[PDB]
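Drug on board: isoniazid.
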Amino acid sequence: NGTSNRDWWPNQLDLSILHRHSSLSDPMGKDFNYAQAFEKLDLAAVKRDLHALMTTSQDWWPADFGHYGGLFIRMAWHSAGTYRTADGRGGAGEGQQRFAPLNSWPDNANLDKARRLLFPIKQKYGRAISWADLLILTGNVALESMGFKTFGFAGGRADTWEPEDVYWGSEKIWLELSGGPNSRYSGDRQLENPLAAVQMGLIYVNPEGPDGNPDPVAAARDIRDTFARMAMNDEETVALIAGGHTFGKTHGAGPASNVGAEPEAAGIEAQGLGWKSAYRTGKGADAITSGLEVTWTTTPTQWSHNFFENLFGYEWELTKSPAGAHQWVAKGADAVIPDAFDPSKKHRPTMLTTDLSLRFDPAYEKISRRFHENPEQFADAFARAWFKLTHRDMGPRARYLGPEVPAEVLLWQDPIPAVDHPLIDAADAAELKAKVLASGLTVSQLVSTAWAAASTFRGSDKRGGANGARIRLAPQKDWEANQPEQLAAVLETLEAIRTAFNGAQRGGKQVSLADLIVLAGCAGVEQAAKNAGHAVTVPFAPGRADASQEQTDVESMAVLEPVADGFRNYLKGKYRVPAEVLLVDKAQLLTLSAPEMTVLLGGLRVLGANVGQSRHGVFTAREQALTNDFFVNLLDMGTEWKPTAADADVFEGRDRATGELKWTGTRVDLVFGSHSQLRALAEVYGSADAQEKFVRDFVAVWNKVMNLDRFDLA
Amino acid sequence: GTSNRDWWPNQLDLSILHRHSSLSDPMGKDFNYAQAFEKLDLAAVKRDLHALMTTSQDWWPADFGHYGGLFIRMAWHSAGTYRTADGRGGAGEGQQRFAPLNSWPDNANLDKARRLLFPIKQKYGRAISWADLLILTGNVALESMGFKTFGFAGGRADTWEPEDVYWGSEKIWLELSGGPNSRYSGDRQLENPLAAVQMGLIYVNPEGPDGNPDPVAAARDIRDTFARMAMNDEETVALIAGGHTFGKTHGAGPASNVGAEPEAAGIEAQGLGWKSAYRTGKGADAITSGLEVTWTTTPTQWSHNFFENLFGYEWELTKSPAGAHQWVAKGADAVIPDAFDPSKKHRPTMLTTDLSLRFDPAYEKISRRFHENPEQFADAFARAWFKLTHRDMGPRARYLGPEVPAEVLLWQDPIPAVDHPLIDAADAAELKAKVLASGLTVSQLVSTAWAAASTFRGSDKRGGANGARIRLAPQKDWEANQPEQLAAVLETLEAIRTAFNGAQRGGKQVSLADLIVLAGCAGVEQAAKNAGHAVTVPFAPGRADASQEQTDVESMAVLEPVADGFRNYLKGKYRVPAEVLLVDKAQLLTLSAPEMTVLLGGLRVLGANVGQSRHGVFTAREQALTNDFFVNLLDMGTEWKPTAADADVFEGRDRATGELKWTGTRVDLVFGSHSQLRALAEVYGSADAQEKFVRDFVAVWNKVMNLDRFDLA
Ligand code: HEM
Ligand code: HEM
Ligand SMILES: NNC(=O)c1ccncc1
Ligand SMILES: [Cl-]
Ligand SMILES: [Cl-]
Ligand code: NA
Ligand code: NA
C-alpha cells in the first residue's frame, strides 16, 4: 500500500537487478568459498542418509507407496526445468526453487513438502552441501533407490540468498490461457522469446493439452517447442518424459477448490508451507497437487519398462479426474496398477494427454517404439538426458566437483581441450603485444575483436566467453554483430603472428589463438591509453585453449548470438523491449554493476568498438584514445537533443545557441544522460578530477570481462 | 514483466536493508568523503557560486538577473522533506536528485536549478558532494543578497540510489484529503510518520487546506507540518518570512501547458522535466506552482519588506493567470519590480499561507515582534536556516570545514568534550570483572546496553549510547526501557563507576555512557561463557555523559521505541504488521537481513525481551549465547497456531502429542515463514553453525554499540 517509484513510473528502467546478490544479503562471510566446503563433505554419508529418507514417511505428508522417490524426482526435475536457452536464466544451479516466485508456482505445488523433508539432512551437513546441490543429489538418490543407475553427479552449485530477477512473462493471472491482454503467444502459436513455458507458473506445457484442449498431437507441438527452448531434442525429450513417468503418480483426489494459498500467500503459522487442502485428510490418499489422478506403471517405486508397454499396449479413452481435469484411461483393461495407500484397491492404467503425445506425434512415435523394443537404449538415453537436464547450467567442466563426475566429455558442455604445454610468461606477452601493435592492426580492430570474443559470456548458465577461440568457428565467425569481414582480416593477421611465435619456440611452449585474441585486445587498450597520454599496463592471464569445430555444436551456439549489444551500439532488429532495457539485461548477464556498465560503455564508444564504425555515441574528437570524453560531452548543457523525424530512436545533439549539429546518439547512448541514477554515475566520470580514475576503472572492468569464463583459474 | 511485488503485494520487503552496497557506488571502497572535503578550497567554491548568481543561462533565464531566490527554494526543499517521526528525508543524502523527489510537483523546475550547478560540481569533483553543494548554494545565495548566515558544515556524503521511504499511500499526485488512501483521519489528524498535507508537497498547500483559501485554517496545517519537521512557532515564522523575502513564484499561464515531470519525460529531455508549451516556456513565461506572487520591492536583496507589506496593506482574494487562489494588496500602487521588463511594476501580492503569519493569533504576535525588530527577525532566521539545513547531519563530530558555528545548540543533543585520559584494555577487563561480580545478570546487562544503544537511527543520525541519556528524562521512564529495572541497574553501575574513578591517578576516569556499553559487553561475554565459549567482545571507550540541561526532553520523544522487535515489544496495536515494523527498525539501525536475524535470535536467548516475556525464548538455557532460537524455530516436530485470545500470538505444540512447547509473536515466527528470512535462519540453525553464530552475534552487537561513534571517524 505505500506508493513506490515503480508504481509512479512503471516503465522506467530497473537498475537494482545489477546490484542483487551483494555481500549485504549473504549470510556467509566474504571469504566463504563453497567449492572448498563441498570438497570436504562426505558425499557418501549424505547419500546414505538420503537413501534412508526415501522410506521414512512423515505423517504430515505421508509417502505414496511408502516411498518418496517419485516426489523427489519431480522436485529435481522442476528445479532444473525452469531453464531457458534464450538467456540461460532458470535452472537448478542457484537453488532458486526455495525463493519466490518459483516456490509458489502452481506447477511446484507440494514441492514445499519435498524440500521440508530434506531440512534435517541440510541441517546435519550445513554449509558443506548447498540446497542447490542437495535438490539434484536427492533426485539422483531417488532414481538409484528405485533401481536406476545414473550417469553421474557433480557438486558445486553455490546457494544464493534472494530471488533472481527473471522475466517469466507479463500475465497477471496464474496459469492464464493464451490470447489475453498479456499473451505470450502471437501468430501461429509463436511463443515469445525468452520464455520456455506455455502458461505463467508452468514448467513446460499443460498436461491436459494446449490451453486445456486434450489433443495429444497438438500437445506434442508444445512439448517439442518448449523442450527445445530448454536445450532438449526429440530423443532427449521422449527419454525424459517416459523416464520420469516410469515412477510415482499424480494427485487429484478432489476438487481443486479445496486447496488453499500458495506458500508466499499463506499465513505466518504455515511456517513456509502452502497449498493446505480441506479435502478429507488433505494429504496422502487425499492429496491434491495438479488435479490429475494418473499412476503410470504397475511398479511405481521401481524402474521398469512398463511405461511404453502400457502406452502401446492399450487404446485410450478420454476421461476426467476427480477434480475435473482431462486425462486418459486404458480401454478394456484390468485393474493392474497398485493403489498408493490401500492394498485392497487396484486401478486401470491411465495416461496424461502429454504422455499420449509420445505415441501420436509421428516423430515421437518412432523414438518411443525404438525405446519400447530396445529398453537398454531407453535407459542409456534417459540417464544421459537426466545428467544434461540437471547440469545444463553449471558451466565449464572445471566447475564440476566431487567423486561422481562423469569422465565422458559431452558436446553440450562446449568443451575446452586440456592444455598440455608450458604457457607464455610475461616476457613472451610483451613480445606478442609488440608484434600485434607493429602489424598495423588498429585499436578499434583489436578492442572490437576481443570484446566480440569475450562478451558472449553469460553468468546465468556460465556459457560463452573467450576460452575456446570459438569466434573463429561457425557460427560466431558469421554473426552480424561480429563484423565478419573485419573479423576475418584480424584473425588472419593474428594467426600469422601466432604461427611465427609458436614456430620459434622450444620445449613445447605455444600460445593458443584464444589467448592471443585476448592479449591483442589488451595491447589495443594499452595503445589507446598511450594515445591519451596515460602509461597503463593491462593485466593478462594465459591459459585459454582452442576448441575445434567438432567440439562446437552450431545450433546450441545460436542462442549466444548478440541480437542487442549496447556495448557496441548494436540492435539486429526492432524489438518491443526498449534498447536501454536490453542493455541492462546484457550487463546483468555479464555480471556487471551499474558503475561497471557505465565505465565500460563510455570507454568502448571512444575506442571504436561500435559495429559498422557507427558514429552514434562517439562523443570525442580523439577516437582510439582512452579518455572520459564520452561523459564530458554527453553532460555538456550547451547541447540540446531531439529525436530525428526519420527514426524516433536516433537523436541529434545540436548547439543550443546556433543549431549546429554536433553529435548523434541512440537510446543506449542517451540513457546515461537521462536516467537519474545513470546520470549520477556519468557525472562522476565526467568531472575534472576523474580522468585517471576513469582509465583505471576501465582497465579493471575490461580485465573482468576478459576473465569471465576462467574457472580454470578459480 | 510481472514481479514478486505484483503477486504478493503485502509480503515484507527486505531489499530496503540491502541498499547502498559497494556494488552501486562508483567511488572506490576506500574513498573517504571527509578526507576529500577537508582539502576542498571552500572559499573558491563560494566565489564561483557567487558569480553564478548573476550569470543567466538562456535555457532558464534568471528572474531579476539573479538566481538567488531559485537556489534558496532549492536548498529549502532539499532540507524540507525531513520528518522527526523517523528521521527520514532531509538534505543529508542529496536525495533531491533521485526519484521520487526529483519529480515531486513541489520540486518543479528545481531540476533547472540543479542543472545550473553542474559546471561547479564538475570543476570540484569528488571534493564536494551534491548533498553539501545544494546547501552551500543556498547559503551563498543568502550571503550574495546581503544576509549573514549562521555558518555551514560540510560532510554530507553523496548517495547513489533512492532511499526507501514511506511518503504516503495515495496513487495520485497531490490528491486532496478524504480519498481512499487519505493520510488524514479524525479531526484533521495527519498519519505518522508523514509531515506533508498532500502527496508530492513539502509541507502545506499554498492556496490553503485542500485548496480552500482560508489563512486561519492554513495556519493549523503550517503549525502541524512544521512541528513534524522539528520547528516551533518562532522558527516557522522566521523561515517562511525569511524565505519569502526573496524571489517570486511562477504561474504565467495555465498549468495544462506544463508537460511530464523528469522521471516521466522523454530520453531527449536529458534529465529535465516540466517542459512548458506556454509562450517561451521559461523566464517571463515560466510556470512552476501556478501562482504569480512577488513579495517584496527588492526581491534580490535582504530586507524587512515582507512584514512591511504584510502588515501595511489589507488583502483581496484573486486568481493567478493559471487560476490559483492568491492575494493582492488593496489600493496599492505598482511598487514591485517585474522580473524581466524594467518598464513594468506590480502591486504587492501574498499567498494564503503568508497571510497565516498575520491572521493566526499566535503567529501574529511573533510576526509583529519581527516587523518592529527586524534584527530579531534576522537572527531567528539565520538560526532556523542553519537548523533546517543541518538537522539530519548527526553529532557535531561529523561537521566539517572552516565555517562550522562554534555555538553548541540544544537541538544537536550535544555531548561534552572529554578532557581526561581514557581507560585502557586492562582497565576494561577490570571493570568487566567488577560488573559480573556485582551480581548483575546477563539479562540485565544486555537489556540495559541494548536500551541505551538502540535509540540510534541512521536516517538523521540521532540517538545511540553516547551521552548516557538513558539515565535522564525522558529515556529513563520509557516503558520499553523497564524503568524500575533500569534504575536498579544504573545505581549498581554508578557505584562501580564511583569506586573505580575514586581509585585512579592522573585524571583517568570512565564515563557512565562507556560503562553502560562495557557492562553490556561483559554480559555478552558471560553468556558466551555460559555456553562454553570464551570470547572477547570489542569495546571502544570515549563516550561522554550529557546533562539534563543539555537534553531537550520534547525533541527526545520521537526517539521512543513504540515498536522494538528486538525486545519483542509493541507499545500498542498498529495498522502496520509487527514484522514490517521490525524491518523498519533494522533499516534505522543500518542492519542487513543477516545482521537483523543473528541479532534477534541472540537477544531472545539472552533475556532481552521487555517484561521477561517468554515469547520467542526458544531455549532451555536462557542467558547462554547459543543458536537455540533457530534450531527450535525450525523443528518440524512443532506445529504452530494463533491463540483464540490474541491472533498475533502463536502457540507451538508437539505435532504428535499436542503438548505446549513454546509461544511466539509475529516477529518471532516471521523467521520461520518468510522465504528469505527462513533461508537465513537455516544457516544459523545448522549443526555446523555454533561458532559462526557466536562470532556473527558479537560482531553485530559491537556494530550496534558503535553506531553513534563518529568521534572514531
Ligand atoms: C511434457 C512434460 C511433462 C508434463 C506435462 C508433466 C506433468 C506431470 C504432472 C501433471 C504430474 C503430477 C503432479 C501431481 O499432481 O503430483 C507429474 C508428476 C511427475 N512427473 Fe511429470 N511431466 C512432464 C515431464 C516430466 C519429466 C521430464 C520428469 C522427469 C524426468 C517428470 C517426472 C515426474 C514424476 C517422477 C512425477 C511423479 C511425482 C510423484 O510421484 O509425486 N515429468 N508430471
Ligand atoms: C508554509 C510554507 C511555505 C509555502 C506554502 C511556500 C510556498 C511557495 C511557493 C508556492 C513558491 C513558488 C514556486 C514557484 O512557482 O516558483 C515558493 C517560492 C519560494 N519559497 Fe516558499 N513556501 C513556504 C516556505 C518557504 C521557506 C521555509 C523558505 C525558505 C526559508 C522558502 C523560500 C522560497 C523562495 C526563496 C522562493 C522563491 C523561488 C524563486 O525565486 O524562484 N519558502 N514558496
Ligand atoms: N537472472 N540471473 C542471471 O541473469 C545471472 C545470474 C548470475 N550471473 C549473471 C547473470
Ligand atoms: Cl535465474
Ligand atoms: Cl531518506
Ligand atoms: Na540459469
Ligand atoms: Na534523513
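Chain lettering follows the listing: the opening sequence line is A, and each later line takes the next letter. We're sticking with the PDB entry numbering for chain A, so the shown stretch reads 35-748, in order. Numbers in chain B track the PDB entry; the residues on display, in order, are 36-748. Note that these values count all heavy atoms, side chains included, but never hydrogens, waters or copies made by symmetry. Just follow the structure's listing: the first ligand is 1, and inside any ligand the first atom is 1.
- Within this structure, isoniazid can be identified as ligand 3.
- Short version: main partner of isoniazid, named per UniProt, is Catalase-peroxidase.
- With heavy atoms closer than 4.0 Å, the chains neighbouring isoniazid read A.
- Counting the atoms of isoniazid from 1 in the order shown, those under 4.0 Å from a heavy atom of A:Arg123 are 1 (N), 2 (N), 3 (C), 4 (O).
- The deposit credits the origin of chain A to Burkholderia pseudomallei (strain 1710b).
- Interface of A:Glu128 with isoniazid, defined as ligand atoms under 4.0 Å from a residue heavy atom, comprises 6 (C), 7 (C).
- Measured between heavy atoms and rounded to 1 Å, the nearest UniProt active-site residue of chain A to isoniazid is A:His112, 15 Å.
- Any N or O atom pair closer than 3.5 Å counts here, and A:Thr625 shares no such pair with isoniazid.
- The list of other ligands and ions under 4.0 Å from isoniazid reads ligand 4 (chloride ion).
- Here the heavy atom of the protein found nearest to atom 5 (C) of isoniazid is A:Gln622 NE2, 3.0 Å.
- Close contacts between isoniazid and A:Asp199 involve ligand atoms 1 (N) [criterion: under 4.0 Å to a heavy atom].
- With a non-hydrogen cut-off of 4.0 Å, the residues around isoniazid amount to A:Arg123, A:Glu128, A:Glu198, A:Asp199, A:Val200, A:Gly493, A:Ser494, A:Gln622, A:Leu623, A:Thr625.
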For isoniazid, what N or O to protein N or O distances fall under 3.5 Å?
residue   : atom  : partner  : partner atom : Å
isoniazid : 1 (N) : A:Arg123 : NE           : 3.3
isoniazid : 1 (N) : A:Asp199 : O            : 3.3
isoniazid : 2 (N) : A:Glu198 : OE2          : 3.4
isoniazid : 4 (O) : A:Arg123 : NE           : 2.8
isoniazid : 4 (O) : A:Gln622 : OE1          : 2.0
isoniazid : 4 (O) : A:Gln622 : NE2          : 2.9

